[PDB]
Structures are given as C-alpha cells and as structure tokens.
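Residue numbering for chain A follows the PDB entry; the residues present correspond to positions 1-315, in that order. Start at 1 and go down the list; that is how both ligands and their atoms are numbered. Quick check of the header: X-ray crystallography, 1.6 Å.
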Amino acid sequence: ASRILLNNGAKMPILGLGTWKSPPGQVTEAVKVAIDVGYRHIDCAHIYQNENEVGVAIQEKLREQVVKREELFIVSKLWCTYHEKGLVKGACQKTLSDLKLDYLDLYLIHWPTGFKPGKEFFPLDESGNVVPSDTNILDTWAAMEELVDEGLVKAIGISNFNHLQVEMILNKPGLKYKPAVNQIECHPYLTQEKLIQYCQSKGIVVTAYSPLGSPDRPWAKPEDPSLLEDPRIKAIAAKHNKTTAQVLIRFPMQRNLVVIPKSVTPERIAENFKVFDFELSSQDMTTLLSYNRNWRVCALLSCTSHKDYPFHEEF
Ligand SMILES: NC(=O)c1ccc[n+]([C@@H]2O[C@H](COP(=O)([O-])OP(=O)(O)OC[C@H]3O[C@@H](n4cnc5c(N)ncnc54)[C@H](OP(=O)(O)O)[C@@H]3O)[C@@H](O)[C@H]2O)c1
Ligand SMILES: O=C(O)Cc1nn(Cc2nc3cc(C(F)(F)F)ccc3s2)c(=O)c2ccccc12
C-alpha cells in the first residue's frame, strides 16, 4: 500500500522525494522525472532555497496533464527564524508563492528551536553560538494551527522534536490540531526505536529523513560511517538482487514509516522508487536494526545551548 492515513483524514504517500541540496539547476528536472516515474510526495523547505524551482516543475506537469494537484502531497517547513507568531503566516505564504500552490498538504515546524528573526538563516554571535529567539514551542504551534483554519495547509506537524517536546504539544490546553507527522532522522545507524514507538502510540506518523545517510551532507568527514558503502547492507541487497539504496528505502517502509530519499540523478530517482516489488525478511529487518549507533547526520553543534535543543534527551 502506497499511502498512510493521517489524523486529518488525508492519505500521505509513504515514498517521497527529498530536495535538500538539490541545486535549482537540477531540482526542476528531478521533480519532473520523479513525477513521471510515480512520485507523488515531495518534501520541501524554505531553507532549501529551491522552492521556486520545485514549483516550476509541479506547475508544468499539471499543465502537461500528467497529474492533478489532488494527487500530489506537497510538504514544506517553517524555518527557525520565523517562530514568532506574527511571522508564521508570512513564511507559509512565501513558500506557497514560490511553490506556485494555493495550499500545502503538510507544513512542519522544521526544528523546535526558534532563532533570532532577521535575514540571516543561521544567526550567530561573534563567537559562533546560534542566537536564539524568545519564542516557545506552544505559541509557535498555535500559529501553525491558524494556517489550517485559514485553509493554507491541510495538516501540520513537527520535525526533530523529542518525545517530551511532542508531549508539550499533545498536552496543550486548548489544543486545536494534534500534530499529524513528526519528521526525524532515521536509518540503520540511528534507528529511533523509542521515539518511533512513542509517536506511533499517539497516532502520529513518522517520516524518516536522510535514509541513505546523507552522503552529500556538507559537513561530512571521511572517517564517518557510510551506509551506502556498508558491506553488510551491500550483502543484504545482493541477496535480494536490489541496490543498497533500495534496501535502505524499503527498511523504513516496513516499519510503517514514510521515507524521503533525495536525488537529482534521473537514473537514481527511478531506481529509488522501485521498492514496492520486494520484501526484506524478518532476519534482514532484525539485522538492519542491530546496526544502530546513535549517529546523526543532522545535529548542528552551534545550537546545543538552545533551551529547546532536542537531542539532550534520550529520545
Ligand atoms: N526535517 C529535516 O530537518 C530534514 C533534515 C535532513 C533531510 N531532510 C529531508 O530528507 C531528504 C533526504 O535526506 P538527505 O537529503 O539528507 O539524504 P539521503 O536521501 O539520505 O541521501 C541523498 C544522497 O544520496 C545520493 N543517492 C540517492 N539515491 C542514490 C542511489 N540510488 N544510489 C547511490 N546514491 C544515491 C544522492 O546523490 P544525487 O542526488 O547526487 O543522486 C545524495 O548525495 C532531504 O533531501 C530533505 O528533503 C529533512
Ligand atoms: O534542516 C534541514 O532540513 C537539513 C539541514 N540540517 N542542518 C544541520 C542542522 N542541525 C540543526 C539543529 C537544530 C537544533 F534544533 F537542534 F537546535 C536546529 C537547526 C538545525 S539545522 C543544516 O545545517 C542545514 C543547513 C542548511 C540547509 C539545511 C540544513
């Protein structure tokens, strides 16, 4: 089955296309190809600074009558510099304008940390610390709720929230919408068992990002572990006559997760979608979960003093 039921009654495709680090010079082509081979879910963000070019590709394929808007599941995220309640609608509408859409299927608080408002996306002080804003999770969530009620977005959720942060929202007195999705890093080196169990037990759908271990993350170090190059995973893949990437994508699908692998290479975009024709065994699943090492590609150290830094907590 290709989609998962959200708590707003909408269905979300469990396989989507990631766009972080896709240059504007290629994401337009990536999205056109992805739509052509079956992708219906695109994961976007203002901070990826390519939303216009994603937009160009969606609009053209609608025009080309390849797909209808209702068939598409378009996701974007509120960046940290816009957590002030007065700044949220504006940030959402900028994304909508860039994407040439009149609604988003899902809009996420990108990170639980608010940053000092301004032009700069990562404001740092003279000594390299991120400059926080005096905003809090709940007031930001309230502002996300207004976007639903104004029809700009069909569902709202969070990303990179620990279970206590998620709980803050669930337990909010006067809560209008429960989060639909929590999008978190997840792969065989960071298996997220406790956070996944929590979220699923609250009927919050989990999206796994960086499922291939983000080998193009800009701060990669040669000594870092490399999922696509792990000979153990390569061995599972060889056994199924699939690539290592296909195995890494299928793995979260069998944990009832949504997964959003990124590529701008047309051959890989196609390859990555071809994962509904095979099953990983119970042993394969057990084996892949045993590789957990609590290793994160996304965890900017200049943020570790923010009051809302999410990764001090065990989960
Ligand atoms: N919520 C958040 O905080 C957050 C954080 C990080 C990521 N995400 C989202 O999750 C998406 C996926 O994560 P990610 O971009 O970090 O990394 P990823 O999807 O784990 O890996 C993308 C890297 O894998 C390569 N790749 C893709 N398919 C391949 C294949 N079949 N064989 C070999 N290499 C392949 C890509 O190369 P080419 O593109 O050059 O083909 C690129 O270098 C992002 O794009 C973004 O949409 C969200
Ligand atoms: O954001 C993307 O989608 C990918 C992403 N991840 N990271 C690593 C980060 N680590 C963080 C940690 C916190 C923290 F909450 F923990 F404080 C807050 C914010 C961040 S950004 C980046 O630095 C980044 C820069 C530009 C575009 C995308 C990204």
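Lab note: of cefoxitin, taniborbactam, axitinib, zopolrestat, drug at ligand 2 is zopolrestat.
The macromolecule with the greatest number of heavy-atom pairs within 4.5 Å of zopolrestat is, in UniProt, named Aldo-keto reductase family 1 member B1. Counting heavy atoms under 4.0 Å, the binding site of zopolrestat comprises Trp20, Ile47, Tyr48, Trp79, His110, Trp111, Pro112, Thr113, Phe115, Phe122, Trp219, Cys298, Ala299, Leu300, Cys303, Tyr309, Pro310. Heavy-atom contacts of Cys298 reach the following atoms of zopolrestat: 6 (N) (cutoff under 4.0 Å). The closest protein non-hydrogen atom to atom 13 (C) of zopolrestat is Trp111 CE3, 3.4 Å. For zopolrestat, the atoms lying closer than 4.0 Å to a non-hydrogen atom of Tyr48 are 2 (C), 3 (O).
Listed by number with element, the atoms of zopolrestat under 4.0 Å from a non-hydrogen atom of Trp20 are 4 (C), 5 (C), 27 (C), 28 (C), 29 (C). Other ligands and ions closer than 4.0 Å to zopolrestat, given by number and name, are ligand 1 (NADP nicotinamide-adenine-dinucleotide phosphate). Between zopolrestat and the UniProt NADP(+)-binding residues of chain A, heavy-atom distances under 4.0 Å are seen for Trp219. The organism that the PDB names for chain A is Homo sapiens. Of all substrate-binding residues UniProt records in chain A, the ones placing a non-hydrogen atom under 4.0 Å from zopolrestat are as follows: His110.
Relative to zopolrestat, the closest UniProt active-site residue in chain A and its heavy-atom distance to 1 Å are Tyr48, 3 Å. Distances between N or O atoms of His306 and those of zopolrestat include no value under 3.5 Å.
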